[PDB]
Undergrad: 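First, the structure itself, so that you have it in front of you.
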Number of protein chains: 2
Amino acid sequence: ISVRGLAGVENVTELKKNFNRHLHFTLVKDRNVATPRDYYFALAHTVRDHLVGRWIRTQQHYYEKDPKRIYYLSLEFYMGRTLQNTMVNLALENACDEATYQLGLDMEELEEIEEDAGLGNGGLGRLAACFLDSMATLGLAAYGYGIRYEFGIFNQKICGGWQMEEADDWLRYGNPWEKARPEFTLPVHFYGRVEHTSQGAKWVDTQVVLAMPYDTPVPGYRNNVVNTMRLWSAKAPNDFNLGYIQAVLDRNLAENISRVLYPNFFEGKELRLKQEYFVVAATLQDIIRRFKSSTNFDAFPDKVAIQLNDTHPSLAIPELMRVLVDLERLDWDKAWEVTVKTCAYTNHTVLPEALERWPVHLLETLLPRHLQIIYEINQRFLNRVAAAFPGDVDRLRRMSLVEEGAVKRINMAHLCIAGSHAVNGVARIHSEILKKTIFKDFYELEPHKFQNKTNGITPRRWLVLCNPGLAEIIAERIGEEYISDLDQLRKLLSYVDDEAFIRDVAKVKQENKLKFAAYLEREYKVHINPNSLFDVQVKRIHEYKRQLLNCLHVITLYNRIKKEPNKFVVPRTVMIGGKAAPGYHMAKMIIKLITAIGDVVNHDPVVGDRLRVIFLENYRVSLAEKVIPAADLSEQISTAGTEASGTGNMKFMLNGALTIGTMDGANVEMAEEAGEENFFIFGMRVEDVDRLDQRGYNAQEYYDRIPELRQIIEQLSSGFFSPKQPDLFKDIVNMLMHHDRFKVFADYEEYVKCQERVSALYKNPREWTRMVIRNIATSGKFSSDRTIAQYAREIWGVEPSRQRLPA
Amino acid sequence: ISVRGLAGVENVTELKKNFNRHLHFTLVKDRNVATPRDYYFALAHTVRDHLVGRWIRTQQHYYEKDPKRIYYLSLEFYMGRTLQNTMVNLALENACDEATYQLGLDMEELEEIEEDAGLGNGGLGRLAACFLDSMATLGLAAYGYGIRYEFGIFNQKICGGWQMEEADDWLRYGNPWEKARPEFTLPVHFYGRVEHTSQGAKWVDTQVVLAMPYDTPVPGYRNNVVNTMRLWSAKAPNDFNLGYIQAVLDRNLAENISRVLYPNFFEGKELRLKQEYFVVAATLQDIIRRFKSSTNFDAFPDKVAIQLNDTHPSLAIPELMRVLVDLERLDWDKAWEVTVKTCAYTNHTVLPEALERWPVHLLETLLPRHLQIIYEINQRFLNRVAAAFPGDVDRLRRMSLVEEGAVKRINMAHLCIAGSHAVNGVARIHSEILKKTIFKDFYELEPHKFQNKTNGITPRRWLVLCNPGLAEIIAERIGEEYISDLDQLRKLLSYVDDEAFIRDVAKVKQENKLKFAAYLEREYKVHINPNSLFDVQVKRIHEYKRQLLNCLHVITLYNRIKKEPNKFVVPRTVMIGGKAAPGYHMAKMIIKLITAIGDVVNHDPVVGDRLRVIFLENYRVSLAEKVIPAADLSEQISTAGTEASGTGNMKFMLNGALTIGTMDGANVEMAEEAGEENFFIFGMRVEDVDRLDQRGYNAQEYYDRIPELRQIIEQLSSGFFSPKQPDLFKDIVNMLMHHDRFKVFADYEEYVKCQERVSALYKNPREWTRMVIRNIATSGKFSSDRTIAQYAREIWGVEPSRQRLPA
Ligand SMILES: OC[C@H]1CNC[C@@H](O)[C@@H]1O
Ligand SMILES: OC[C@H]1CNC[C@@H](O)[C@@H]1O
């Protein structure tokens, strides 16, 4: 039927009978009482059965071959739905489609019933998810380790234009993909004290929390490789607190560790630290167990790589030291050599308020042995700084893992650099910034540590799965090899003047837009013109992402329409979506502003259907898979030097949207690949930002010289968008005028003018589409298969493989 | 192979391949890594598959036939293990035995891995479990409704002779028998306030807790009937408490409702009341839902029977009134007529401190509408008392549902009597006591309400399952019909002089004793002589059960041995087991005393192996199934008038033990059935107890006149059994001498002398066994099939059926 595999008579028949088996025996239902949910679950279990044989054989294969194992430690895995992805990677999609059709069911309908696994906040968690997909596809013996949160990222409800948070009870109906492994429960220790004795230190009088693993299969693309994601759940020991009733009820305290994912500004809360240690301690025991079945720890770095995703699992470094020194009785220097060689660290931001700095008094109480080890690491590290740069006393204080001040803190990023053989940023510009500024001192001491690994996205989920129409028209011309080798899309360059292809690309986009326009009316009763330019900015709500700069453009368009109503303008649907962190007042104000503009714009009779402002509620992976293929314009407009990479940008590029963006994060490499003529770049570069900070940013200057901007500010201040509460947006205006760290006004003019260029191109469908083809054609670099191949070869010391395991 | 069904070639082959299917696909295991637990789970799932077809067909059958539905409401269901019971009732035991043997596995070994479902304390909960079995066996459309406690009755550990409690984390490895039904979640309301309006009262500003059902199958004996036990689990709503993190963590508060089973003295704790209302509110919604699919509530009592097991679900009465009056808008008198006709109440004790009396101020806050309804019930009920007995002012205060005093209380038993068309005791003597004393006033007002339903036990679990050896030798002579018609055991009377049978009965007992003797050494490293008389008292530790009277006999034997060491005595193993409630100090002291006697007796060289005292740790259903078939002597020695029925007594009778007991509870009917000559009855009758209370019980009198008793007390006081802590047992001595409500000393002489009679009979194996045959032969009355047949006909108005549903 498509790129979605074969629907063989033997297979369809077999799928139908296993479906019916599961509905009967597994769900305990008859057809007369079954709901669409029961049908979803029956399909899920049928597809799951096809995984297990390969899953068992994969893990047996690693035991025999004993390859180097890669452990990817993250506190976030933003997986989304699993059903379709599993079908795609197993080549079962057409077969299941046929089998369900023959049972009289719509598969697409059943797919919508699946809950997102939302065990992440955004980019970091989605990166981990793409990475797992790519690692299985490239045949690496890799394991994702994290926490099985019982509540993922909150569901966002918009009420009166305000964000409301709702617990994401994703496990309510059960999770068919996971397998509880209560038999492999491990203990994790907290609190206690350190005893020194005849042969070394001993950590005693600890409280024990049990870590229970749950295993989820991670299938590679059509290679019969199925890797494991292991997520730990907190359980109280059976003698815990052991009137009687309270002791039993107080078990909840220990089990709170895995209850909820922390939303995205660093807050030093005890439960977060407990989560961080919990994942690290249980994971390392598992790592070591598996190594001992392979004791000379000299070979440890030959058999084990540990990748620290951000500083969240940074306690892996002193935990590994603790185990090697205190328990295995290795000498400090050998243990340290092993530790540095096995660990690598990925930095994910340059925003200072995101840097993890734990108060010493917290670590003192919770992890007293780990504090001692950290002090010792610091001492020996600073002795090395001192010898390399004698007399440089300020370097010593800058490089210290211990920050003095009001409260003493441990800098977890400094810990990670010292205890890892590799440190990488997530895009070229970001990795350069790391070496030039934030970690300049560390780079000078150990230049060899510092690398770049530009982020990527998986072409399975982010093309084949969410945009089958585009996947198919591409397959027609160049075949199917590109799915696991996205560089082949370059071959599409020879079709940029092909009138048939141009027509098809544009047709697929139109179908996508019509499909999404329908979804909006069906699920949210909101009306949109599907012939308008779909202008979309979807990502977390943050001041650095400048949803506010978008808001200023939108208002400019509205004000230009009201000034010259009978003048022609390219019609646009501007869609903005994303969650604000619960405590982030300003982000919550931006959402209210967006809806408030919509309230005015969407009901102005003069505007007509020429301009529409829609806030996309409850943005998440499943919604991303719907809007991204429908987008014409991708808004990637962070202040230059603030967005480490971005990954949403790459998803839009692959799906036929043109990009308006600053020279920030991966936008730089994206524009470099496609050619700048095929991108809408505007605004300050990093160097212009630095220049502005030196002179001093004065927002008033822009307000004074730009009349169109002045009008918008006065509209906001006077209550134009808030008639009942005239001063509603005083906080926003005040920040823009006096306290704007992200220089919204400084890029306003170039942004508005660049937007005019976008609109002019959209008037010429043929030339828009040819530029689109030029973007899709050069998106190959941004496959996570490329990213992971680079980690494997340049960091982990292993060779990827496209070789299939026997079915 | 036995009474355990056919092992057909077709069936064995099919069981083996489904076993392997489940191990592979369901457990995700290979044979090389599988533990015995995995094998247990693979067998459990294979057997479970055979239930579901019949389960679905049973429930479909009830929907079509629309019979009267029986709802059995209990806060306790003491189910034990399910695997063997399911095999037995499905006739799959020999087939699975063969199939597992051929896979190279020992089924008995796998059976021991299953955790007890310990969702009850003792007799009340086990009664509910036997009742469910019998109701399915008799083809009644019956449902067990309760709470899915995540922690059942605590595991008892004995440490230094002291009881320690350990959380019973029974769900740790999962429960293959249950099916979550998240789709049938119902809301339950707490707190709030009552508004009065134009058309009646309205309960508003409530907090909502969700009730999520879990369904467990209940198979009848070989009739293809599979009924449902539905257990509610508490879930927080998704907007609950909705900084953000705390709101999510505080969800635990609502979910604490179903966290833990309260152990067995009435404590008026809020969480217990919440549990009581939670089960009642969710259950009644389900009851009504199912009735509306059958609105004229006149027919409600024709289609619905609700059995209140004790006063724990007594809130069903005002809850049903609330729904009918406030929501369905029926007039008070019609609603009340419906309520009385649908509800029936079973009383389970005469001990005053066990009676549930809830403080008004608690109900005021938690259930304000229900309080109003209760006051109205009381008012109308007392108007009826006043008219029937004019001027009798003390009757009015005695009969009131509202008790005045320090705190105002609601008497839940008075509520149950007023709102039910039937009230029953659980044995003839108990039901007579109810009418003569505790509820005399109520019986005088409404004599027709009061009935008796003598308890019973299921012959499936308590003969076939736990004593296959005895089941088989019985089947040889009289066939298999007795399993579902236990009255047929009378036919064994014609074998009392049969030398072959006598030999077989005695052989089975010896095998049972040797089997248990081995278990003791294997699992607890304790040594016993299997040729000794197995003297066993197993049940909850309470002063009324008089484990202390047993302790006095044991010490008497020891002291008689030490006085005349070279004199011959019948060797005995005295085994005592049972849990003490966590707050019950005296019960905890009795356990310590038992172990303390063992400490002295078991290591006295002079005693030899003539006397042994063993405390049976962690008594529960699975342990009951092991010790009961091994017992020679059943100790049923409560003070006359305190044990409402007992059910352990009946289990021992069925399994070839002789009974030493008082004329209490069901002992009276047991001795009546077998003939008193075939029982060892001793001690005061109820009337002798009354006589002693009138004169005043003086323990000193017995101490003064009985030298052997004086010696024991002085041994206890001086520290004979506690050399390090001489005064350890001062509390026990003091209670016996001055504060003994249960007249231990008053029965001492007759008990010791009666025990001598037991020992004399044990010296004559042939005559012991002939008396044993006489007991087994007349145990038929005590089948729960008989009990349930009586409820069905005399209370619920339905006819039992032995007719098989199609396979
Ligand atoms: O590296 C993944 C993401 C982490 N947060 C900042 C983003 O720029 C980045 O793409
Ligand atoms: O009715 C079941 C049991 C309840 N508790 C007291 C016992 O005598 C009785 O058998």
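Chain A corresponds to the first sequence line; subsequent lines are lettered B, C, and so forth. Numbers in chain A come straight from the PDB entry, and the residues shown are 13-254, 261-282, 285-314, 324-836, in order. We number chain B the same way the PDB entry does; the residues here are 13-254, 261-282, 285-314, 324-836, in that order. Both ligands and their constituent atoms are indexed starting at 1 by order of listing.
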Undergrad: Mind telling me what drug shows up at ligand 1?
TA: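 It is the drug afegostat.
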Undergrad: Out of curiosity, which chain makes more contacts with afegostat (ligand 1) than the others? Name from UniProt, please.
TA: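 Largest number of contacts: Glycogen phosphorylase, muscle form.
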Undergrad: Any idea which other chains come under 4.0 Å from afegostat (ligand 1), counting heavy atoms?
TA: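 Non-hydrogen contacts: A.
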Undergrad: Are any of the N or O atoms of A:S674 closer than 3.5 Å to those of afegostat (ligand 1)?
TA: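 In this structure, A:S674 places an N or O atom under 3.5 Å from an N or O of afegostat (ligand 1).
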Undergrad: Under 3.5 Å between some N or O of afegostat (ligand 1) and some N or O of A:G675?
TA: yes
Undergrad: Mind checking whether A:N484 has a heavy atom under 4.0 Å from afegostat (ligand 1)?
TA: yes
Undergrad: Would you call A:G694 a afegostat (ligand 1) contact, heavy-atom distance under 4.0 Å?
TA: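 No heavy atom of A:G694 comes that close to afegostat (ligand 1).
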Undergrad: Mark up the atoms of afegostat (ligand 1) that fall under 4.0 Å of a heavy atom belonging to A:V455, in ascending order.
TA: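 With A:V455 as reference, the close atoms of afegostat (ligand 1) come out as 1 (O).
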Undergrad: Which atoms from afegostat (ligand 1) have a heavy atom of A:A673 less than 4.0 Å away?
TA: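 In order of number, 8 (O).
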Undergrad: Below 4.0 angstrom from a heavy atom of A:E672, which afegostat (ligand 1) atoms are there? Numbered from 1 as shown, please.
TA: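 The atoms of afegostat (ligand 1) under 4.0 Å from a heavy atom of A:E672 are 6 (C), 7 (C), 8 (O).
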Undergrad: Which residues from the surrounding chains have any heavy atom less than 4.0 Å away from afegostat (ligand 1)?
TA: A:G135, A:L136, A:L139, A:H377, A:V455, A:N484, A:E672, A:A673, A:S674, A:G675
